[PDB]
Asker: 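Quick one: structure with baloxavir.
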Amino acid sequence: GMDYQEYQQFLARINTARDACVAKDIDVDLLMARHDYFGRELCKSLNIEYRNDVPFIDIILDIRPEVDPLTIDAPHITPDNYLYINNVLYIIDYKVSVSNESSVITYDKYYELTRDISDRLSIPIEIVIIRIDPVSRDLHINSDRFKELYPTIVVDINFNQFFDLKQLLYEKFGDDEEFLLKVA
Ligand SMILES: O=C1c2c(O)c(=O)ccn2N([C@H]2c3ccccc3SCc3c2ccc(F)c3F)[C@@H]2COCCN12
Ligand SMILES: [Mn+2]
Ligand SMILES: [Mn+2]
Ligand SMILES: [Mn+2]
């Protein structure tokens with residue numbers, strides 16, 4: 001599961017919170033930690049270095065190190081990770097969601113903004129959204145090309161600890177109207 005030091009920090013934050021807005025920050029942080037926890041376990045399965053929100057220009061400079069960083073027309077996107085293999089750039093983003101809604105938003109955006117730099121570099125750029133459903137624990141990957149690259153991708157984890165911390169948060173703030181309708 002998640003780190004013991006990380007778990008206790010959430011538990012301390014929940015026990016000291018008295019205010020809805022602080023409680024919603026803990027809620028958004030639980031989602032971020034849950035996402036990052038998935039990323040690290042996924043990256044282990046894919047045998048790639050764990051990364052998060054890496055600037056696209058740093059990706060171009062890694063795969064094509066002769067490119068002038070001062071004068072390259074690159075998109076201003078920060079994908080979770082990438083894999084450059086057989087002159088194909090796979091742009092990876094981690095998702096933890098019961099819905100594909102957030103996947104379609106990220107795909108449509110990353111696809112549209114990588115067409116030009118793909119033409120410029122003469123490198124095909126494949127957008128790979130890797131989503132785990134946190135209930136079913138099923139792994140859904142859009143990219144056929146990415147799935148043909150790898151053996152069947154298995155990320156055998158659960159989010160029971162995240163569910164538990166969220167449950168404690170709602171024990172304490174479940175009757176706070178300001179918390180229940182808090183966005184942050
Ligand atoms: O890196 C991400 C990102 C993802 O890669 C993602 O898959 C889902 C969501 N993301 N993001 C979320 C985020 C990420 C993970 C879990 C919950 C949240 S909830 C709002 C929020 C994010 C990041 C910072 C922040 F201050 C936020 F309030 C932002 C959005 O766009 C830029 C980069 N990014
Ligand atoms: Mn990200
Ligand atoms: Mn992500
Ligand atoms: Mn695997």
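Numbers for residues simply follow the sequence, beginning at 1. Atoms within each ligand, like the ligands themselves, are counted from 1 in listed order. Per the header: X-ray crystallography, 2.6 Å.
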Asker: Provide the full list of ligands or chains for baloxavir.
Answerer: ligand 1
Asker: Please provide the name that UniProt uses for the chief contact partner of baloxavir (ligand 1).
Answerer: RNA-directed RNA polymerase L
Asker: Report the organism recorded for chain A in the deposit.
Answerer: Bunyavirus La Crosse
Asker: Specify which UniProt Mn(2+)-site residues in chain A come within 4.0 Å of baloxavir (ligand 1), measured from their heavy atoms.
Answerer: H35, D53, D80, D93, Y94
Asker: What would you say the binding site of baloxavir (ligand 1) is, if we count heavy atoms under 4.0 Å?
Answerer: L31, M32, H35, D53, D80, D93, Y94, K95
